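Reading through the structure tokens given below for one structure.
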Amino acid sequence: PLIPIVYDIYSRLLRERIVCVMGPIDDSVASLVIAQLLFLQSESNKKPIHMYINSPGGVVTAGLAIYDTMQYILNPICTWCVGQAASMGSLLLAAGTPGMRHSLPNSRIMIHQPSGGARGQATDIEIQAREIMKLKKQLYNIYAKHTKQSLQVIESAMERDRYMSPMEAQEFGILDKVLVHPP
Amino acid sequence: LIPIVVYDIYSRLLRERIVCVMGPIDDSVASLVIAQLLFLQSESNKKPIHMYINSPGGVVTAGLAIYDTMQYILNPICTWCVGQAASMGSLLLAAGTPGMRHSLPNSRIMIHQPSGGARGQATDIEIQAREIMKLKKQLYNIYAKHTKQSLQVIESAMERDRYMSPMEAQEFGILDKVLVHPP
Amino acid sequence: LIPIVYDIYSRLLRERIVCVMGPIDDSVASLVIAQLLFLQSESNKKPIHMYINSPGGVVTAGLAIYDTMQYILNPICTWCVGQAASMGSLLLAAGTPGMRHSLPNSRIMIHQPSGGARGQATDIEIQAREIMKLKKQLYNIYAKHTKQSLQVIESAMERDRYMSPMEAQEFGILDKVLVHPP
Amino acid sequence: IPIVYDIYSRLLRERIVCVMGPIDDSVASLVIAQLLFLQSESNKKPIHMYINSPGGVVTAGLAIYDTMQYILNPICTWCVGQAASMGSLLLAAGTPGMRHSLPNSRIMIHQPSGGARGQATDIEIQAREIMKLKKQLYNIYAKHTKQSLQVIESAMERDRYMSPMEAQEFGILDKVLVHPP
Amino acid sequence: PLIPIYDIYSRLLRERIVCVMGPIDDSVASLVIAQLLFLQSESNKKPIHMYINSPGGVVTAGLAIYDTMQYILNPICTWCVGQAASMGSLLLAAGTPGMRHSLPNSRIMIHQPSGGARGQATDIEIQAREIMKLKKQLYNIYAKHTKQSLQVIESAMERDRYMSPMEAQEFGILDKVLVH
Amino acid sequence: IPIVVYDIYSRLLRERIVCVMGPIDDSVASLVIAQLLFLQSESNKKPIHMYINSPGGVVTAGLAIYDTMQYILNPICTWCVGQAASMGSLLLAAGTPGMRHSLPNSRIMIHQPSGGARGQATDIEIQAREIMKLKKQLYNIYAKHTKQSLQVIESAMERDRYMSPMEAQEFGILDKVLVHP
Amino acid sequence: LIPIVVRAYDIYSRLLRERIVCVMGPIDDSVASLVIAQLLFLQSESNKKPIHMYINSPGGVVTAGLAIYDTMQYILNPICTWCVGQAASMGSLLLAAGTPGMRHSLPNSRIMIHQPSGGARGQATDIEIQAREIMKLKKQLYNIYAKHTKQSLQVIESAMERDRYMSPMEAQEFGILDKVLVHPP
Amino acid sequence: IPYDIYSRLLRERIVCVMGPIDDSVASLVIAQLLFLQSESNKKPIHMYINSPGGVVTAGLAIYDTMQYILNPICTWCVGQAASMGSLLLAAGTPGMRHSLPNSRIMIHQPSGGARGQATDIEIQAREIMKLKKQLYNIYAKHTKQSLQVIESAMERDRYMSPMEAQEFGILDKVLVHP
Amino acid sequence: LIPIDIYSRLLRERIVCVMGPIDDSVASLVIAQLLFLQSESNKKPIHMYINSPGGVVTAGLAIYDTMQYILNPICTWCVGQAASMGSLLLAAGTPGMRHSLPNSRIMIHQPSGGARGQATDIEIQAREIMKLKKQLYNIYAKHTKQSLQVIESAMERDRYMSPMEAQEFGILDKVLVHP
Ligand SMILES: CC(C)C[C@H](NC(=O)[C@H](Cc1ccccc1)NC(=O)c1cnccn1)B(O)O
Ligand SMILES: CC(C)C[C@H](NC(=O)[C@H](Cc1ccccc1)NC(=O)c1cnccn1)B(O)O
Ligand SMILES: CC(C)C[C@H](NC(=O)[C@H](Cc1ccccc1)NC(=O)c1cnccn1)B(O)O
Ligand SMILES: CC(C)C[C@H](NC(=O)[C@H](Cc1ccccc1)NC(=O)c1cnccn1)B(O)O
Ligand SMILES: CC(C)C[C@H](NC(=O)[C@H](Cc1ccccc1)NC(=O)c1cnccn1)B(O)O
Ligand SMILES: CC(C)C[C@H](NC(=O)[C@H](Cc1ccccc1)NC(=O)c1cnccn1)B(O)O
Ligand SMILES: CC(C)C[C@H](NC(=O)[C@H](Cc1ccccc1)NC(=O)c1cnccn1)B(O)O
Ligand SMILES: CC(C)C[C@H](NC(=O)[C@H](Cc1ccccc1)NC(=O)c1cnccn1)B(O)O
Ligand SMILES: CC(C)C[C@H](NC(=O)[C@H](Cc1ccccc1)NC(=O)c1cnccn1)B(O)O
Ligand SMILES: [Cl-]
Ligand SMILES: [Cl-]
Ligand SMILES: [Cl-]
Ligand SMILES: [Cl-]
Ligand SMILES: [Cl-]
Ligand SMILES: [Cl-]
Ligand SMILES: [Cl-]
Ligand SMILES: [Cl-]
């Protein structure tokens with residue numbers, strides 16, 4: 001129910017170098033996750049950081065803030081897909097350190113192109129549409145960077161909502177290990 | 001309510017070959033106006049039709065439906081700006097037969113680029129944005145056709161909201177005569 | 001429910017009486033203008049009686065009625081009944097000179113135009129200039145029919161100026177304050 | 001509604017049917033009732049159908065379409081303003097050679113949209129039916145535009161906007177006339 | 001685009017045509033039954049045309065229309081236009097045998113009755129029992145006019161079942177699928 | 001409402017047919033009683049047909065129709081079409097004996113009156129005592145026309161009782177369950 | 001509010017010290033996070049001591065309940081599931097996910113199993129994608145139930161097509177739980 | 001709230017079950033009962049009940065927790081104990097169910113709702129009937145009454161004074177002063 | 001959660017505040033404070049300050065039974081107002097220890113409620129609200145030393161009383177200004 005006291009249960013996991021990225025991802029969640037990552041880098045810039053992801057997606061800018069912080073900090077980051085990693089969650093899941101992107105057997109991974117809105121005069125419509133297209137190409141480049149897939153494959157896969165099992169997402173290159181029990 | 005005679009007041013004006021295009025222009029207003037223009041052409045394809053305009057604007061497709069009907073019917077059309085002819089209302093005012101576009105002294109004319117919205121995936125956003133840009137060039141061409149203005153001048157004038165007196169609109173080419181009393 | 005004599009307003013329209021009562025929007029402007037054109041078609045010489053009981057309304061809608069009044073050849077006897085505020089007082093003073101009447105207990109209010117604007121700073125300035133253009137335009141119309149200088153029109157309409165029928169006759173808004181028929 | 005009866009009843013005397021605004025079961029009822037009434041008056045005289053619709057219900061539009069094809073009268077469709085979604089289907093459903101459009105109209109074609117809710121079995125049934133309508137509407141478009149099913153699927157997969165000339169090239173309409181010839 | 005002029009449906013009623021389009025409730029049932037009775041009093045032998053474009057509606061109102069169809073002596077030609085779902089499909093199959101028609105691009109949907117119940121457990125059992133009676137009642141009506149087994153009706157109407165005009169003709173809902 | 005050449009219900013009122021369909025309130029009671037008085041003035045001997053498709057309604061409104069039914073001298077043929085629940089079943093049984101019919105697939109529901117009470121404890125007693133009077137009063141009316149004992153009425157109408165047309169014929173609510181005349 | 005036991009903490013913290021995780025109420029991404037966080041905390045304290053999981057849930061999101069499921073299967077600690085009040089929808093799957101022989105239920109609890117429900121909206125291509133994903137989850141949850149109930153996939157499909165309600169003894173015969181206990185044995 | 005007072009009473013082995021009963025209230029009560037058992041599985045647990053009722057599944061969760069823990073449970077009806085509250089009042093240890101003089105006890109059959117297709121409607125109705133028999137058997141167990149009298153009493157809303165409930169078997173002692 | 005709480009400081013001085021509308025939540029807090037004050041000392045008096053316009057009948061009877069159960073003499077003080085159930089708890093104080101400030105007001109009236117459902121249900125609820133009417137009338141008659149007729153006539157409608165009027169009626173004992 002309430003945040004359990006051991007401090008809150010998440011503060012105890014932060015001591016174990018575990019960051020939870022669960023639920024929709026907005027600027028608020030982006031601020032908390034970037035703050036925990038920076039604190040964990042200041043504690044030790046070599047120890048790994050475990051990032052547990054159970055997110056249905058969220059704002060593009062907020063997730064890209066989390067993504068760049070993950071690539072900036074020197075600590076290896078072990079991403080763990082738990083439950084689901086959809087939309088921005090799947091980008092963060094694939095953004096883990098090579099070889100350390102894991103997923104539980106019954107998770108699901110979803111990738112798709114950005115969605116958004118535009119309103120105003122025709123000039124403002126074109127500026128907003130030009131920007132959301134830049135985001136579409138930008139995220140396609142990020143996915144192709146980490147999945148090591150060709151941009152053609154990324155374009156064809158993320159044009160509509162694409163659902164993947166943990167084995168399928170490993171075959172696509174989004175994750176590296178589908179483990180039931182710990183080896 | 002609609003006053004009666006010995007029909008409604010607008011029906012009596014429809015007998016006088018007068019069509020009232022007042023208020024915002026949607027598909028319902030376009031239906032009634034086009035129906036009156038077709039009725040008035042069947043009665044006489046030579047007698048002029050007086051179209052009184054007091055509109056702040058409305059749907060682009062509905063206003064373009066009225067515009068094409070005006071250009072299709074063989075009857076000369078005397079457009080009269082009463083009160084205001086803004087947005088699509090100003091296009092219908094300029095769509096009148098040359099030399100037959102009138103305006104009362106204290107009316108105002110407003111011209112501006114089309115506005116709208118777009119929501120969905122990035123591919124859809126581009127589709128709506130490209131379509132609203134097509135309408136922007138299309139409406140600029142219609143204004144440049146009847147105002148005898150260069151397409152650049154139309155772009156520069158309708159980028160923001162541009163308000164004009166009846167004389168400023170006559171100099172612009174939207175209307176032909178500004179009359180206080182009938183000559 | 002409109003009493004069926006048709007409706008009582010139609011019976012008065014046959015008597016060349018147009019009622020401009022209530023707030024003035026594009027809808028009221030359409031009906032009033034339509035009634036004025038019908039009455040001009042029936043006779044471009046017979047006078048038209050315009051009864052005004054308005055608290056005001058949209059500027060463009062009232063200016064449509066004003067221009068239609070000035071365009072048609074028929075003399076227009078404007079009667080202020082109840083109140084004539086904002087655009088109502090303008091239509092009251094817009095009647096044919098010497099035919100702008102008022103009842104003894106009516107009131108007349110004149111004030112500067114009001115409105116709003118929203119958007120970017122460029123849009124805000126465009127709307128602000130336009131509402132100032134309307135302000136000068138309406139002030140000139142008042143100065144035209146009240147026979148007043150622009151100085152007096154600006155000073156009076158800066159705030160809400162309420163006038164008795166005598167005060168509006170002195171100011172030039174109306175011409176006759178009658179209790180009983182002439 | 002002006003009185004002449006209503007202005008639409010006067011155009012119905014001239015054998016004109018207005019299909020403007022969104023298309024639902026109510027609009028389909030009025031349109032079908034006028035078409036049947038116009039066929040009873042004369043099964044040989046043509047019927048002019050003016051369209052200014054952004055689309056509407058699939059079932060209601062297919063009711064109008066089947067009534068158009070059933071009646072023996074030739075039907076001249078006129079795209080005024082816009083004919084989007086079901087409206088463009090009715091525009092193409094006109095008699096071959098009698099599908100017209102005003103110069104500044106626009107025509108939009110897209111695949112059907114809908115929703116589904118319930119158990120996983122219910123979701124599957126609604127999805128199969130939404131796919132049957134997708135293939136059914138694609139076959140109707142390919143029939144009247146004389147286009148291959150390949151081109152219909154590729155065009156109607158996303159929202160496709162066409163000028164009156166582009167729709168004349170695609171086979172949606174036959175003539176784009178400014179002034180009457 | 002607004003009740004064309006009397007109303008176009010009154011002109012069709014002179015031609016013995018009754019329109020049953022839209023959802024079906026006590027109001028639609030009242031109008032349809034009134035038109036059918038008027039058409040019987042005018043001529044109790046002339047056929048009555050019943051155009052159906054309904055997504056369904058209230059069971060009681062639809063059974064009111066069904067019983068009036070069976071009671072009046074006039075043959076009834078049911079025409080599936082656009083769609084005939086839920087109760088609309090029952091009225092379509094309620095027509096005089098051999099006079100149930102459908103346009104080429106119509107669709108026919110059959111499913112078991114849906115509803116709600118609220119109150120004490122004793123009450124809950126009462127409405128649920130009444131709901132089941134309607135389920136068996138409608139299953140028997142469908143089997144009567146479709147010439148199908150009660151097993152076929154239960155299997156088909158257990159979930160929402162969507163049919164083309166040819167499929168509904170094979171199932172027995174309608175008789176003729178017009179085409180051009 | 002379709003128009004003959006007036007509304008379809010007025011044409012049925014010429015045929016001495018009164019429609020009691022939908023919920024029953026003071027407005028529906030006012031129209032039904034006004035038609036019954038008009039039909040008695042036309043002829044106090046010709047029968048009056050009353051078609052009932054009601055889920056019930058206000059108690060006082062339904063008892064107003066009931067008392068009007070009992071007052072006029074015209075034999076009343078009540079017909080249960082679709083359903084006749086709550087007050088609808090009472091007016092169905094209120095028909096002239098031997099002339100209360102029901103179509104084969106209709107349903108008839110009987111239950112005790114429902115209501116609400118709010119205020120001070122004294123006001124709660126006044127309102128609760130009144131609704132008990134309505135329960136005995138309606139039970140006595142049902143026992144009068146159904147030829148059933150008051151015990152059977154109390155046992156049946158304590159909860160919602162649903163009856164087929166044949167079940168209601170045996171209970172005494174209606175007289176004939178006809179399919180084709 | 002949450003009672004305090006005296007440091008200081010809530011009553012659920014005291015039960016967490018006793019290695020008791022409460023999964024009560026609807027199961028969403030927020031509940032899944034707290035449950036998974038407590039399970040990992042309990043595993044770091046001792047990867048051999050058993051973890052007691054009390055379940056009183058009417059169900060919830062599929063992805064969240066599967067997040068709890070996979071975490072239970074991942075951690076090495078034996079997990080004793082206890083069905084208290086009700087274990088419906090995803091709650092019943094979490095009841096059967098306990099360590100074999102350690103799935104308990106109180107006498108008056110009830111267990112409910114059914115197929116996943118959802119919704120879909122958009123273009124026909126979108127609708128077809130959502131419907132397929134909803135069917136994948138249906139076969140996936142059927143496979144999980146068949147795994148832990150030791151039932152054939154045929155029985156699972158036939159049972160979970162509609163809402164199936166069970167007594168604690170009925171779920172023990174089906175294989176959802178292991179022992180129905182009144183008082184402590 | 002003035003730690004909190006309910007924590008002070010929990011130290012005195014007092015669990016307050018007041019207000020409507022849902023899954024949240026059931027979780028807190030069960031958590032307090034388990035903590036009190038871990039402190040001492042022999043000392044009694046006082047359960048003060050002032051509830052107009054609530055969810056069946058939640059109240060059954062509290063009841064089974066009361067029957068599972070070894071501690072004798074002293075139930076006290078204060079203000080009122082209606083619907084599920086009366087069951088938890090009767091769920092007390094035999095001879096340890098008390099009630100204040102001006103308390104109120106109400107018993108009635110379960111209420112609920114159902115919606116969906118006819119097949120679903122039946123499934124819900126059959127389940128709400130199972131809960132009806134289940135709660136009837138639980139009431140018949142602690143009140144030492146036949147199942148037939150339980151159906152008849154709980155068919156409609158039945159209100160009882162503290163002495164009437166003691167007669168029915170819901171509680172044991174009606175005290176004014178200790 | 002305002003001053004550093006002031007009510008905990010008053011509870012140390014054996015003061016229980018019963019102010020605002022009375023529901024099951026206010027009853028739970030008041031009863032818990034009374035039980036805590038009895039555990040500290042079953043002889044020292046408990047001061048109960050009442051500023052309530054009334055509330056739920058069952059909640060007010062819970063507080064009343066808790067007042068009568070505990071052995072501590074309870075000093076009830078009518079501050080501001082003591083209406084509906086607030087007047088019952090004011091009269092529920094230990095005889096001779098029911099006080100009131102000079103400018104307070106005390107209101108007594110019959111119970112109010114509502115009922116909805118079938119006629120059978122409507123009667124069951126109406127029968128119960130009548131039981132509560134007699135029950136509260138007997139409680140008021142017990143502590144005010146008044147006859148049942150005086151209770152019925154006074155509480156049939158809303159009856160407002162000054163502290164002196166409530167002292168003569170038997171609701172309180174002392175009307176003090178400056179102590
Ligand atoms: C495709 C991946 C990168 C992101 C997906 N989400 C988005 O694209 C989100 C979904 C959204 C957010 C706010 C309002 C409406 C919709 N789209 C955007 O963030 C966005 C941002 N700027 C312009 C237009 N859209 B998914 O839900 O994480
Ligand atoms: C600019 C002149 C030529 C015409 C103007 N019409 C419009 O702006 C209208 C009114 C409108 C409708 C929806 C949202 C925003 C605005 N815009 C459109 O019709 C429209 C059509 N397609 C895409 C986007 N906007 B005016 O009548 O406001
Ligand atoms: C000042 C006299 C001459 C006319 C007055 N009319 C107006 O003030 C009207 C009524 C109005 C409408 C919207 C918001 C506020 C007010 N104002 C306008 O018409 C208006 C027009 N353009 C820009 C801003 N306001 B009065 O209220 O009739
Ligand atoms: C694609 C063309 C042929 C027809 C289009 N019609 C529809 O999309 C319509 C309108 C609609 C309804 C809900 C959600 C979105 C849209 N869709 C349907 O009629 C419909 C019918 N059955 C199942 C699902 N959708 B158009 O008129 O928008
Ligand atoms: C299944 C076919 C034969 C008939 C279908 N009709 C119904 O299911 C209708 C639609 C409806 C009406 C009111 C409240 C809830 C639901 N269901 C009922 O009439 C109904 C009857 N009794 C109890 C509960 N619902 B269809 O027209 O949706
Ligand atoms: C029981 C049969 C005879 C009549 C039934 N009617 C009632 O129970 C109705 C339900 C109702 C309807 C509208 C507004 C308020 C209450 N009961 C009453 O009208 C009513 C009126 N006064 C006191 C008590 N009940 B049925 O239509 O539910
Ligand atoms: C059937 C058992 C296995 C699980 C059930 N869960 C669901 O039905 C849940 C309820 C839910 C949650 C969030 C949003 C929408 C719907 N369904 C889903 O999670 C879900 C997931 N993907 C597609 C469609 N529905 B139960 O907890 O109702
Ligand atoms: C009869 C006693 C045992 C319980 C009474 N309450 C119930 O039965 C409650 C009433 C209720 C009220 C609001 C929201 C949800 C449910 N019903 C249930 O718990 C319930 C449980 N399963 C199926 C159907 N209903 B009482 O009012 O607490
Ligand atoms: C008259 C004095 C003695 C008591 C007064 N209390 C009441 O009237 C209270 C107000 C109330 C509270 C909760 C829910 C409904 C109504 N009445 C009842 O508690 C109540 C209880 N059962 C049946 C009818 N009314 B007063 O407002 O405190
Ligand atoms: Cl890194
Ligand atoms: Cl003039
Ligand atoms: Cl066809
Ligand atoms: Cl044809
Ligand atoms: Cl027949
Ligand atoms: Cl009679
Ligand atoms: Cl494990
Ligand atoms: Cl025990």
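Within every chain, numbering begins at 1; the chains are lettered A, B, ... in the order of the sequence lines, protein sequences first and strands thereafter. Counting starts at 1 for both ligands and their atoms, in listed order. Shown: partial entry. Contacts: counted within the shown part. Side-chain atoms are counted along with the backbone in the values below, which use heavy atoms only and exclude waters and symmetry mates.
At ligand 4 one finds the drug bortezomib.
Counting heavy-atom pairs under 4.5 Å, the chain with the largest count for bortezomib (ligand 4) is, by its name in UniProt, ATP-dependent Clp protease proteolytic subunit, mitochondrial. By chain letter, the other chains having a heavy atom closer than 4.0 Å to bortezomib (ligand 4) are D, E, G. Other ligands and ions with an atom less than 4.0 Å from bortezomib (ligand 4), by number and name: none. Of the residues UniProt marks as active site in chain D, nearest to bortezomib (ligand 4) with least heavy-atom distance to 1 Å is D/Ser85, 2 Å.
Under a 4.0 Å non-hydrogen cut-off, the residues that form the binding site of bortezomib (ligand 4) are D/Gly55, D/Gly56, D/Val57, D/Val58, D/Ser85, D/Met86, D/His110, D/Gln111, D/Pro112, D/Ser113, D/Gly114, D/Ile130, D/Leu133, D/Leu137, E/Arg107, G/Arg121.
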